Amino acid sequence: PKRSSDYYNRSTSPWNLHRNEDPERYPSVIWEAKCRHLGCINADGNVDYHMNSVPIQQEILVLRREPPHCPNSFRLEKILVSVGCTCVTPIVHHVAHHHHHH
Amino acid sequence: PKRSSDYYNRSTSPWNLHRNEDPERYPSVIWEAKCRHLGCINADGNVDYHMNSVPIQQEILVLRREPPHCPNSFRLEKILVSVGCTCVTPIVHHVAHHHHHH
Amino acid sequence: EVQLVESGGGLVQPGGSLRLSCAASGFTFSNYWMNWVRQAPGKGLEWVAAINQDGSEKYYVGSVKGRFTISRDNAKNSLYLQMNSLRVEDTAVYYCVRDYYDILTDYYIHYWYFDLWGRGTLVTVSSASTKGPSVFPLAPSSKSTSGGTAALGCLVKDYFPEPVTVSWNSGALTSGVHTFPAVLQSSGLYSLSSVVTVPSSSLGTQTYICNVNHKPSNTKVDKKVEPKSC
Amino acid sequence: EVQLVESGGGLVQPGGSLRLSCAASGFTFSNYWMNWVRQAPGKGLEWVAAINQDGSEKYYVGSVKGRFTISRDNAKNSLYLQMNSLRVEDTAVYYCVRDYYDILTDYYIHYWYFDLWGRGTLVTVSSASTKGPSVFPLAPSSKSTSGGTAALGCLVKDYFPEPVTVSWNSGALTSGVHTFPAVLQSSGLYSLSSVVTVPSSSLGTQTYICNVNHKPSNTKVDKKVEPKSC
Amino acid sequence: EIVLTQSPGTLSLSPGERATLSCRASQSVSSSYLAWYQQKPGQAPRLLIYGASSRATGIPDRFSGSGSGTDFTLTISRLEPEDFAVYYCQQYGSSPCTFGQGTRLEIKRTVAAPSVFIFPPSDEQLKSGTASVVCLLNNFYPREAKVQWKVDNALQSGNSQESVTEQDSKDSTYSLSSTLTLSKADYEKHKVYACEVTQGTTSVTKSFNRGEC
Amino acid sequence: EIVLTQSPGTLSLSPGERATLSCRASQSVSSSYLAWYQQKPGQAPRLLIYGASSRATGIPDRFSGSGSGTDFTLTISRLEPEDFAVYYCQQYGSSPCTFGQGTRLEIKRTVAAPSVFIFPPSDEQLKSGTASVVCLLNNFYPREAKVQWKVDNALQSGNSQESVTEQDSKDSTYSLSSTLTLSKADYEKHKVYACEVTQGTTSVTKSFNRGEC
């Protein structure tokens, strides 16, 4: 059993996971990432406000029993969930080919 | 119809999305994020190697027809997929409460 | 036709609050990132805060951390800057600016430079009270000591905050008029002089009145400048 | 009992390659982040590269970008540093180090400091060729000019690379021996002296031989130092 | 943060001449993301150049930019009267966006000596307890002039303030005001008030005797 | 990058004395993540302190650390002979981890004058075309000594190299070698070879005459 990732704590754009519980859901327990700071944590450990922590969104397939309280075989649905956070700036940067492909 | 996020291009840990296609999959077209650089792009637009771009992993529910080539009603499965990348360092940083809750 | 008009500026004491507004017109406001850029009197340009199209991203300069808040209302074509815990070094003209962008394929590319600027709004952070000027004459001699040319004027002293306007003979005298930029005195109040060179033979035949307007205190001073005859 | 032992060091020409290895023993190697730290002769410590437990993260100092590669084999309890396009300023003793960590609840906390160090491996990057030393006597006078004490020695000249060992009378003479640290000459070759002060009355009754070993060239020189009698 | 250093601080040239303005960055600017702005007194800045060398919309051909990495230039091939303003460079290759401190481009004309006038404080001001003595230097060139105050031949220090107008749009000259502030009691204790204006190898002293014609 | 500046470069104290070592950071170190290492000649560094004030395993009570932000101290309440080594501070609050340049802690003893010896080149070396003239300063204190070479009374410059031993574990002295390198042809053109050793207000010159007893 491998140790669950600590990226949420070591990221320059750290996040906390919030539990979402509903009986009309599969999985019933869903973990949503909420960015810790508006800014990003620089190399020195300080918050820089010329950078922003933004949540990465993903469309997840969840099972919904129609009519309610009837689990067997039906049709599922899609829901947007925040998986983690990334650090952005207002600039689209361009960097050489030798730094690429990793 | 809202413009799909450009975080993959403005992130300090940028990524590219690779298409995964299989007839025994729902959704059949899956987008996997692959980190562009080993390092992270600093504020100046340069690659810093005392930081690392790491992919954020998420467990997605995918439909698998058993026996193959029979779509109607059966039992689905879980698969780990890379959604995007984040910037990490070897240090777990600690920052004051007024910079928190955002 | 495209325009940005800022409002909300004024005098505020240190530790005070002020909200700036910028009205955008002639373009699709929601298509653009916007910024606030400031300029202290007689100094350079300085970035303050940035905001993206839908306000999901907000960026700030190091010196305004936790004190200033940038926001926008895309339905009201408005940009805002909430300024709390104001400091004396926050005194500046604040400009509302629009950022250039491109659309390559179906991808939006923001560039952090400004293709449109407002006219700016003056923000004065000081503990000095609003006061109208004390207008004193800079009287010419009745008998000249500079040939055919005489200088006369008005010393516009101890007013706060900026600005003042000075006219001569209700705007009928403009030629050879020099209204000097205001200097901040050690008292924290401004002072300036407005001068004019006229023919010394006109001193007996022509009345010279400086009209000093100070909108912050709603004071207007009309001072007749008479020759200092012996 | 815990240990880190580096190997792979040696002389390499500028533009060359070298692979360093570090063998870990006495602890669970896979539980730790590891680093390479270097020290140029007579200088300070400098971080080179870091690697996490499973090698999913690799960090490097600015000066080794694209040239050095850190890797590990958790089944073989080994750490590696692949050094390509080597430069003269890469000349240093390279240390293999283990990073301290904590386990708070079920969470692993890495700290970027080193609770265990290897003994290091010398990496010399130079265009100078491996050469054994030329051993010359530092002969004492038969008739002393320093009272009862005479100094004698061996000048160990023009050898490359480091290290050399110097002993006297096959290790039987240790008291009052001073083997000086090597100095890099303008030729790119090293030179040192090894001296000993003995009673001047012993010069006739005792033989003095310096034993110079130079493992890089597999050369051993035994030089009898005879008094310079007139 | 990238620091932008502009050179020279002030550039004095005549219409028709070529202007070369320099912007030096403390570190390399990504993708040559350097812009230039022109700002005239009382007005907002206006974009001239972007991407180091591209002209903004409506910008004439006489304006051109060049450079990469850390060194950038703004060139005006033939100066027109309207081009005399303050110019700022700005980088957008590094977060946060930063500006240079500016280069003021002023009109070079012939040396003109100023008409010096001295004004005693008004009797009206004297009842408030303060005496302001004003010295006016009218329509001179260049901007640099040394103004010194003397009270009964004793040179004054720290009790004056100067103000200079913008360059005149018609004759390209400057005017300067120097104000000497004294208490009424100090003003009444002395007789001779002198304003000494030095421009090169020439000094002009304009004076008055308190309570005299 | 956080730059760590250590002070003093060299600290000369006797066993029993208290040692105070300083580490100054160019910027604040997060969570006081500062470590100290001791390194003896020919050996690898050894961790003493972590988290600015905590002792590593097996480290005696005489070693203590303090400080936060930018200023940190390493204290040795009572120095023992084994504590004389080089000490490095290291920060791990900012990426990348960086080290100070070190403080060498050396044993302070009484001033001892060196026994000076001069050696002409061997006749064996002379056939190779090079002459190495050696000057030995044996068992002196302090480490600082001025060694000058004179050839027929002409002061030499740029043709010598010095080497100093580690502090002697028994008497706490240093020994120094100074080597003068000349071609055989230059060596044979001159007669008097002198090595001048200055220590304070005293100079000792040890010499020889080439081809003389």
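Chain A is the first sequence line, chain B the second, and so forth, proteins listed ahead of strands; every chain is numbered from 1. Structure determined by X-ray crystallography, 2.2 Å.
- The chain with the most heavy-atom contacts to chains D and F in this structure is named in the PDB entry as Interleukin-17A.
- Present at chains D and F is the drug secukinumab.
- Those other chains that come under 4.5 Å from secukinumab (chains D and F), heavy atoms only, are A, B.
- Heavy-atom pairs under 4.5 Å with chain B: among the chains of secukinumab (chains D and F), the most are found for chain D.
- The non-hydrogen contacts of secukinumab (chains D and F) with chain B, all under 4.5 Å, involve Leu38(B), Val47(B), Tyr49(B), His50(B), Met51(B), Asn52(B), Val54(B), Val88(B), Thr89(B), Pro90(B), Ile91(B), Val92(B), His93(B), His94(B).
- At a heavy-atom cut-off of 4.5 Å, contacts from secukinumab (chains D and F) to chain B involve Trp33(D), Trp47(D), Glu57(D), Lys58(D), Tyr59(D), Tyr60(D), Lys65(D), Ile109(D), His110(D), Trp112(D), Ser30(F), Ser31(F), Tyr33(F), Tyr92(F), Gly93(F), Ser94(F), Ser95(F), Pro96(F).
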Donor-acceptor pairs, chain B vs chain D (secukinumab), cutoff 3.5 Å:
unit_1	atom_1	unit_2	atom_2	d
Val47(B)	O	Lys65(D)	NZ	3.3
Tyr49(B)	O	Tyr60(D)	N	3.0
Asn52(B)	OD1	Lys58(D)	N	3.1
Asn52(B)	ND2	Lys58(D)	O	2.9
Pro90(B)	O	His110(D)	ND1	2.7

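- What the entry calls chain D is Fab Heavy chain.
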